[PDB]
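The following structure holds cenerimod.
Each chain gets a letter, A, B and so on, in the order the sequences are listed, and its residues count up from 1. Order of appearance sets the numbers: ligands from 1, and atoms from 1 within every ligand. Side-chain atoms are counted along with the backbone in the values below, which use heavy atoms only and exclude waters and symmetry mates.
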Amino acid sequence: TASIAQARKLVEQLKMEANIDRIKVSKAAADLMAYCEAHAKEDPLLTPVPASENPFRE
Amino acid sequence: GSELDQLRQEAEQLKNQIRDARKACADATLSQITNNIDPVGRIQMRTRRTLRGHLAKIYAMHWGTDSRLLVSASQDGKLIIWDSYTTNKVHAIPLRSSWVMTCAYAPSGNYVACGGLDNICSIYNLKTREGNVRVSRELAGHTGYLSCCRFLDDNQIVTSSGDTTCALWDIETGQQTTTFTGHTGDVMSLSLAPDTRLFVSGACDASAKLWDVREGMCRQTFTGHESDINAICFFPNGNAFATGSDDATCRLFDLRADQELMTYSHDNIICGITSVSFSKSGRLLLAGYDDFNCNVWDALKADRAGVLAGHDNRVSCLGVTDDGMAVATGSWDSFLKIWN
Amino acid sequence: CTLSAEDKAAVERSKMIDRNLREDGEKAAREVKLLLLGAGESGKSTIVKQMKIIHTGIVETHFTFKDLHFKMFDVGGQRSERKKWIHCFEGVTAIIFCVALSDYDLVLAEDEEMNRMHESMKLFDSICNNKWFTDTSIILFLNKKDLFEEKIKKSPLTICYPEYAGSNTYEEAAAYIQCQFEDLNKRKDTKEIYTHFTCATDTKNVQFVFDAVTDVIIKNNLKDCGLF
Amino acid sequence: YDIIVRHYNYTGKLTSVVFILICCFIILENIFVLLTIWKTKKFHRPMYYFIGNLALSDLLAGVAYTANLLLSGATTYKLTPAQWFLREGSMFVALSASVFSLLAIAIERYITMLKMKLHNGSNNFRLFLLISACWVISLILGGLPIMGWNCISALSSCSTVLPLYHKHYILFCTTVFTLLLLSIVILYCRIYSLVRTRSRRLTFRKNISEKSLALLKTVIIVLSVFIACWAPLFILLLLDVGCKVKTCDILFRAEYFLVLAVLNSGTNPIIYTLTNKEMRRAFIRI
Amino acid sequence: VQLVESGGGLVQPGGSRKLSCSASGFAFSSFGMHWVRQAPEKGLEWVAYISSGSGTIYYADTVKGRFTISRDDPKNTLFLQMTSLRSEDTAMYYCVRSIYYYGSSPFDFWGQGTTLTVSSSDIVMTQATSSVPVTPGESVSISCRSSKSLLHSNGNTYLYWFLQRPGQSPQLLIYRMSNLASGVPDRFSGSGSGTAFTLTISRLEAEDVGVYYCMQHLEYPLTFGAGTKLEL
Ligand SMILES: CCc1cc(-c2noc(-c3cc(OC)nc(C4CCCC4)c3)n2)cc(C)c1OC[C@@H](O)CO
Ligand SMILES: CCCCCCCCCCCCCCCC(=O)O
Ligand SMILES: CCCCCCCCCCCCCCCC(=O)O
Ligand SMILES: CCCCCCCCCCCCCCCC(=O)O
Ligand SMILES: CCCCCCCCCCCCCCCC(=O)O
């Protein structure tokens, strides 16, 4: 047989993955929202900038 | 026979335990938390430049570090390096095999890699003593077709081939250093971390895994898609990423909490997604749909906020620049456009 | 005007680059590109070897005949999913197909109930009815005929095809196989299927390929100017 | 204002609602055909630009004809000779632009069929040259009678079917139309013979004729519709030079002869759209 | 990379030979070529220039309409022809290449040069001094003043800087403001404001001594400086 080796490898990989730490979804969502709100000033995508500073003027 | 059976049931029990551990850590969704914020009204983007000159389909492009130069690969066998400001061309690098599906631009601005269907990643030099461009290295260690490759450094490059594997290369020596295995389907998308320490790969069977370049092992795996994955891009923070798909659905996963956060699906779209990229602050999630137009899906509201419908054929590649000054979309009509 | 001294020189470089691109774009647009497909033991090697030659992954073959440059793409080393890299071959003049007549009494490897002829028929049905190859004609080649004669003279054809009323002769069996391969074509008003039996003469096969390519070119020219 | 009544007295010239109706129908059908090409991004090759030019010329022809019909009547007696010349000049430039655009379509077809270029990409220089040439030639042909051959000095030199127009200008337009028709017939006969002779001898062995039979039908339909609808006006303008004045009857009721020539221009888009399958499907979608 | 020149000697006024140089070691078909004349114990000035592919050809105002120049792509040879001769044309001629694209460094490699003897509005660039004694290991600042603001609307200036070694051709150090060329040490540095420019050297050794020349490129009539000599 040859699939026993890959089966043991998959079992070991799943066992190694199951031992990782987990964080509540509320904390991750709050961190993402805080990061998105903190850097909202230096984002020239959603914040309109006058044509006097856009290098891609037409 | 019995050993295989007990191994299978142990794997199933471990998967069930992982599922319960992932379900126990879920208390509130992203939509309920991000409900007391002011959403963006409309994102109206008008084209500025129309970089023309290609004579076939366009399959990939990458923005330079200086946010001024970009390289685009096409089927006719050219690797033109455009100038975003003045529309001029800088180089017209020819190719050995005119079947390319990827291209990259080194962070130092010296080298430019371009793989393709010949399962060979060719690295070109742009700062030679002469006036032309030479092939610095020709990496050939993949069996399946090459899909996408990004420069990890000026001397190391990581590639994602179609033979269910990804490998890290060494340009100086010429042989691969670490081989990442574990995927069941074709790997056809990846993206490097901002600190260049980890990266994820998008398989062809509803799966996405996270790898580390030092140990060369699989840390986490993410599921939830229906058809497959087609494009991946990291969040500017470095703890999230968005994965496109073929069933008109792109979702947002998280690294610290290995669980799906939010999905961006609409009842009017029934077509696949080719490219996904975030914004400078991670608020706008541009997606390139294969129904001849793109979308400006919001990140924290899961609603559409604009349509960049100025294209003729399917868009196949698009990326937001480094400083967030403009975006560029390249479709199959041999026309690049710079929106702002 | 507003451009500086050396900026005007950078604009002249872009014009030369564009001129070099347009010059090479008119050279690669006057050569015929045609894809080659087939099964594992469909004799693609013998077909690509018997033709004249001028020239791991895709293998390109270049040859000329009657002042026409043909390109032969042999995607046989791609073990990945065909659905992913099939859209880059959308622009192509013809699609050579190779099937073996004598490969109808030999079953698949590591299998006993699946016939390789049915696998070739299924592959042809999937290729001809694909959503990308809806206007590109298909050139079909029956590779082995003498071995098929020697195999059908002793073994009946009813082993592979359970519906057959004719005698165990090649003259009608070849026509039956050809008609069976013709019926697997849903797009009957946008593409044609040119059938040819591969012979020992190397010139005849290249002549047939040239004739089919010329007919496809004439049809495309007629459809171009709105005359058909 | 004395020349108009004098010439009309010396010459002998002293159901229209349906013609305006068919003219409005022609305008509507042609503007529909034009917006079909303009809206769809696929029909942007140099070939369909010729059909768009033909539609634009047909629209001007219909507008000029309905304007001529509205102006024709009792008001033509007190109408100034300048407007009288300008109206006929507009009609002539419209018809000449139509015929020359048809000739340009045939020329481009013969050119694209002579050499197997294998790709629809073509230079716009030839397109622009042909369009500008046909338009300026039609304009010169329409504006020439104002400069010369006005019959202001002559008394019997100008035509009977329409006064103030010399026999020389009518004969010149006759020879021009004859040359254009001959060129059209020659080009289509060649564009058919080429495909007929290339298919039989060089592509002999296919196990796949039908291509040639389908073609000949299109060519004969085009030629039979173009020639049959332009024969009465040609015969009328050729008999007008020979038929003496004060003794010719047919030239008086010459309204239908122009009606057929204008109906040909209106029915041309039907042929140029029902022939190709792509344009028909695009029109069905719209 | 190598550039050798030939076709010089002792000629009489009225007629002369042809100045020809051969290029070997790079892509000559995509480089614009210049010509720089260096008078004996004097300053050097610009002569002519040919664009890539012989598209645009220009001459200096002093020899306008008196010289004939042309390229040769197949054999990689540049020709320069004299029509009329004067008593001041006796000098040393140099043929230097240059390529112009975003991020390029024009005239990085000059060559060797050949000699020639004869038997008998525009931007003015001036140097601060002519010769100054300096001790090894001392930071020196060489200033070159311009008669016009070289700052363009793009945002980058066009003041090039190169050092002349006694006995051979000069070599470029910085091309626009401070960007050091490939092969020069990190000791050299550049700075400016738009009208007054300076160049600072951190460590001074015995291997870097010669004449410093400042050159503008905004206005097309290229003009060099008088030359600042360094004495050990
Ligand atoms: C005698 C009938 C008549 C013809 C024309 C006309 N206006 O133009 C042409 C014309 C004919 C033709 O021959 C077929 N060819 C051309 C050119 C020649 C080259 C290309 C097109 C133009 N006839 C105009 C008018 C007002 C007219 O009478 C109207 C009556 O109401 C008079 O009471
Ligand atoms: C528009 C009607 C009048 C036309 C008058 C000019 C006649 C045609 C002249 C150009 C024909 C084409 C010449 C060869 C072009 C080629 O081979 O590409
Ligand atoms: C006033 C009458 C004008 C008539 C103009 C007739 C022009 C006919 C041109 C026929 C040949 C077209 C170009 C073919 C050139 C080639 O490819 O050999
Ligand atoms: C209805 C009246 C028409 C009058 C004019 C008819 C002229 C027909 C000429 C046909 C010429 C055919 C040329 C064939 C050339 C070839 O053999 O390739
Ligand atoms: C009353 C309308 C008459 C119209 C006549 C149009 C004649 C069409 C001819 C068809 C193409 C014939 C080509 C023959 C060439 C050859 O024999 O060499």
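- Within the model, the positions assigned to cenerimod, copies included, correspond to ligand 1.
- The name the PDB entry gives to the main binding partner of cenerimod (ligand 1) in this structure is Sphingosine 1-phosphate receptor 1.
- Other chains, heavy atom under 4.0 Å from cenerimod (ligand 1): D.
- Applying a cut-off of 4.0 Å to heavy atoms, one finds the binding site of cenerimod (ligand 1) to be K13(D), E88(D), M91(D), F92(D), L95(D), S96(D), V99(D), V161(D), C173(D), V176(D), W230(D), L233(D), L237(D).
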